[PDB]
> 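Mind having a look at this structure? Questions to follow.
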Amino acid sequence: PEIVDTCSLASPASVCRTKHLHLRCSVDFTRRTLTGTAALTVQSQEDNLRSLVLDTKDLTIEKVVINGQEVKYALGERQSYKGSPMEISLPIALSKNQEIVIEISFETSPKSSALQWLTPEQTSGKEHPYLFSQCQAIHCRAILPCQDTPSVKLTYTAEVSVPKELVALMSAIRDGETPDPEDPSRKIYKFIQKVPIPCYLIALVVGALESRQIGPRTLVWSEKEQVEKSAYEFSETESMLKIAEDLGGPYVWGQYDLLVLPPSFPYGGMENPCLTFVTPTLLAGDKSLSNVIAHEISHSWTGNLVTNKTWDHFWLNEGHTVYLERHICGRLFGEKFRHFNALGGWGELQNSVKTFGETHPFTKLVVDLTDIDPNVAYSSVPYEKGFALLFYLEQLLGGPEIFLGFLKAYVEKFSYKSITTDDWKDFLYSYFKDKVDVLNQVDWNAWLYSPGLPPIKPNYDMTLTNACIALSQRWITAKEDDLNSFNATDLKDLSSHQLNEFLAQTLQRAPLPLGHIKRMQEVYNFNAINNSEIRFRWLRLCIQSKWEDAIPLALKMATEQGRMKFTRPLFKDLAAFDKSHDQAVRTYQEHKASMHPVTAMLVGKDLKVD
Ligand SMILES: CC(C)C[C@H](NC(=O)[C@@H](O)[C@H](N)Cc1ccccc1)C(=O)O
Ligand SMILES: [Yb+3]
Ligand SMILES: [Zn+2]
């Protein structure tokens with residue numbers, strides 16, 4: 001079983017493995033460059049190893065030092081989104097298992113796809129700049145030379161010099177701070193990550209950060225203006241951690257902190273070890289969007305302990321995590337809620353499959369990313385089709401109690417390892433040996449390798465979903481003279497979640513007549529709702545139903561925050577509506593330079609500009 005990572009240009013794990021990274025760098029806001037040395041302790045896996053290749057992307061290399069002497073290295077031609085391979089000539093051939101340290105002096109480009117540099121005006125405080133990284137999937141190579149593949153796991157230590165007024169934090173345990181001996185206007189923050197991790201989990205943030213403790217092993221960090229709101233919004237964090245520990249085994253990372261980033265953070269959450277990054281769009285005021293914390297917490301087992309070997313097997317990370325996530329919510333709020341969320345996930349899968357096309361390669365559970373930018377293939381498929389498969393197996397094999405026994409042994413079995421779908425499947429068969437008959441009823445080829453919706457849809461309790469569907473159907477089948485019958489009391493017994501699902505169901509049948517949409521605003525006043533998931537769906541419904549009043553509202557939401565999940569579909573809907581098309585494009589052209597590099601690239605592609 002020889003498997004290569006087609007998204008990486010580095011020497012594979014079968015040739016050599018990075019065991020540790022000692023990073024020493026300075027964050028230069030005036031130049032928007034990170035400069036320093038990356039000392040990689042590498043272990044040869046081959047006899048007579050004389051060179052090796054690392055991934056790099058828009059990096060400027062000053063020199064490479066081994067045994068205190070500069071050595072030869074060469075940068076190959078850039079290969080689009082993969083960057084440029086860096087081949088290093090070892091000064092002395094290595095035997096199998098020999099380890100050496102390679103010190104690389106480098107500097108990042110202001111354009112690094114792993115970073116977003118924000119001016120003071122783009123922050124809450126308005127006085128200090130801010131920097132944040134986002135390495136998943138393959139952007140770590142845009143910060144430092146490395147074997148940018150999740151098939152290799154390393155520990156790391158780091159020293160980061162930053163303006164003394166600011167604070168640095170990383171996906172690691174804080175290991176002290178001191179004034180920078182080479183520059184008194186700076187402070188050096190130190191970090192240590194003793195647990196081997198794939199490099200996509202390396203993370204850094206530098207800004208005017210403050211903290212507040214919200215649990216025995218949790219601090220929430222953000223700019224001062226957001227601290228109080230965040231402490232409240234995420235107060236269930238420790239109870240979610242305890243439940244996750246009960247599902248996957250002991251939490252091995254020490255601390256579990258949360259960092260609430262500026263509005264341009266591209267995801268709802270990112271499971272960086274010891275410090276989960278989250279979007280400020282989660283600050284609904286009622287803790288209603290907390291499934292995102294449950295999800296990132298779950299990656300502490302599925303994703304960070306047991307890791308997908310290559311991005312072709314991404315579903316292993318997300319599928320199991322969404323499955324654990326819904327179990328935490330099920331324990332906190334009831335089995336019927338778990339089913340409600342499961343069913344909602346299926347609807348999101350329908351949307352993705354419909355958007356790409358039912359035969360499209362990106363709708364396969366296991367995808368082949370050779371020549372495909374992972375940012376482009378990213379969708380809800382690995383999450384929901386992966387979740388649907390596990391939920392299907394759960395029902396097939398005897399229920400949640402039994403399948404949760406499998407998930408815990410799976411984590412235990414593959415801790416600190418990087419695996420493929422076959423490893424997963426092999427273990428599933430081993431664990432459920434007394435039920436191979438049942439496992440053999442599964443159409444494996446269709447589930448794992450065929451595009452479109454899964455061959456089978458799991459059974460779902462519909463208790464909580466029914467009222468959402470009923471109301472959605474009343475609006476869709478209503479004619480003009482039925483509009484008067486709608487009234488605020490329709491929403492009387494719906495939770496924010498059900499309100500959201502009601503909108504999701506209606507959005508699947510959009511457009512609705514303009515008159516229906518105006519009436520909906522008249523009786524439900526959806527424009528007043530600040531919950532970002534609800535606002536997102538409501539505005540999409542308004543724009544697709546061609547209500548010009550919603551144009552400025554949609555443009556505003558699309559630009560004041562940058563969570564891709566919201567910004568991309570909003571710009572896309574605005575561009576597809578002829579009345580807002582020109583302004584959408586113009587708005588994008590205008591904000592482009594100040595957006596997240598990756599998000600700007602994807603929106604540009606979606607709008608067919610550039
Ligand atoms: C509750 C979750 C579905 C929220 C979701 N976040 C995730 O799934 C994170 O764990 C992912 N690690 C986000 C990600 C995936 C691929 C490349 C870069 C970043 C998101 O939408 O941000
Ligand atoms: Yb009628
Ligand atoms: Zn995830």
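The first residue in the sequence is number 1, and the count goes up from there. When a ligand or atom number is given, it counts from 1 through the structure's own listing order. Computed from heavy atoms alone, side chains included, the values below leave out hydrogens, waters and symmetry copies. When the header is checked for method, it gives X-ray crystallography, 2.2 Å.
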> Counting heavy-atom pairs under 4.5 Å, which macromolecule has the most such pairs with ligand 1, as named in UniProt?
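The main binding partner here is Leukotriene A-4 hydrolase.
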> Which of these options (obidoxime, venlafaxine, amitriptyline, Bestatin) corresponds to the molecule at ligand 1?
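Out of the options, Bestatin.
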> For Bestatin, which residues make up the site at a heavy-atom cut-off of 4.0 Å?
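The heavy-atom contacts are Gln134, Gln136, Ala137, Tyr267, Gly268, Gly269, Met270, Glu271, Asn291, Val292, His295, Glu296, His299, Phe314, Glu318, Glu325, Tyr378, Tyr383.
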> Point out the residues of chain A that UniProt assigns to Zn(2+) binding and that have a heavy atom under 4.0 Å from Bestatin.
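In chain A, UniProt ones with a heavy atom near Bestatin: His295, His299, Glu318.
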> Can you confirm, on distance only, whether Bestatin has an N/O atom lying under 3.5 Å from any N/O atom belonging to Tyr383?
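Such a contact does occur with Bestatin.
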> If the cut-off is 4.0 Å to any non-hydrogen atom of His295, which atoms of Bestatin fall inside it?
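Within the 4.0 Å cut-off of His295, Bestatin contributes 1 (C), 2 (C), 7 (C), 8 (O), 9 (C), 10 (O).
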> Distance under 4.0 Å to a non-hydrogen atom of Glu271: what atoms of Bestatin satisfy this?
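Bestatin atoms under the 4.0 Å threshold to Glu271: 9 (C), 10 (O), 11 (C), 12 (N).
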> What other ligands and ions have an atom less than 4.0 Å from Bestatin?
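Nearby: ligand 3 (zinc ion).
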> In Bestatin, which numbered atoms sit nearer than 4.0 Å to a non-hydrogen atom of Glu296?
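Contacts of Bestatin toward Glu296, numbered from 1: 4 (C), 6 (N), 7 (C), 9 (C), 10 (O).
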> What do you see: which UniProt peptide-binding residues in chain A have a non-hydrogen atom under 4.0 Å from Bestatin, if any?
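Among the UniProt binders, by heavy-atom distance, it comes to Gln134, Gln136, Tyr267, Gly268, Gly269, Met270, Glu271.
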> For Bestatin, which atoms sit closer than 4.0 Å to a heavy atom of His299?
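Contacts of Bestatin toward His299, numbered from 1: 10 (O).
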> Taking only heavy atoms of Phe314, which atoms of Bestatin are found under 4.0 Å from at least one of them?
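Contacts of Bestatin toward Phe314, numbered from 1: 15 (C), 16 (C).
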> Which atoms of Bestatin sit under 4.0 Å from any heavy atom of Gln134?
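Answer, ordered by atom number: 18 (C), 19 (C).
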> At what distance is the nearest protein heavy atom to atom 20 (C) of Bestatin, and which residue and atom is it?
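Checking every protein heavy atom, the shortest distance to atom 20 (C) of Bestatin gives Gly268 N, 3.5 Å.
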> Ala137 to Bestatin: N or O pair under 3.5 Å?
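No, since none of the N or O atoms of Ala137 sits under 3.5 Å from an N or O of Bestatin.
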> Below 4.0 angstrom from a heavy atom of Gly269, which Bestatin atoms are there? Numbered from 1 as shown, please.
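Listed by number with element, the hits are 6 (N), 7 (C), 9 (C), 11 (C), 13 (C), 22 (O).
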> Among all protein heavy atoms, pick out the one at the shortest distance from atom 11 (C) of Bestatin; state its residue, atom name and that distance to 0.1 Å.
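Protein heavy atom at minimum distance: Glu318 OE2, 3.4 Å.
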> Is there a polar contact between Bestatin and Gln136, counting only N or O atoms under 3.5 Å apart?
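By distance alone, the answer is yes.
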> Before signing off on this row, confirm whether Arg563 and Bestatin have an N or O atom pair separated by under 3.5 Å.
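So Bestatin has no N or O lying under 3.5 Å from an N or O of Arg563.
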> Please tabulate protein-ligand N/O pairs under 3.5 Å for Bestatin, atom names and distances to 0.1 Å.
residue, atom, partner, partner atom, Å
Bestatin, 6 (N), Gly269, O, 3.3
Bestatin, 6 (N), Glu296, OE2, 3.2
Bestatin, 8 (O), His295, NE2, 3.0
Bestatin, 8 (O), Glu318, OE1, 3.1
Bestatin, 8 (O), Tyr383, OH, 2.8
Bestatin, 10 (O), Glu271, OE1, 2.9
Bestatin, 10 (O), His295, NE2, 3.1
Bestatin, 10 (O), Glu296, OE1, 2.8
Bestatin, 10 (O), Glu296, OE2, 3.3
Bestatin, 10 (O), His299, NE2, 3.0
Bestatin, 12 (N), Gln136, OE1, 2.7
Bestatin, 12 (N), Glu271, OE1, 2.6
Bestatin, 12 (N), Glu271, OE2, 3.4
Bestatin, 22 (O), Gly268, N, 2.5
Bestatin, 22 (O), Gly269, N, 3.1

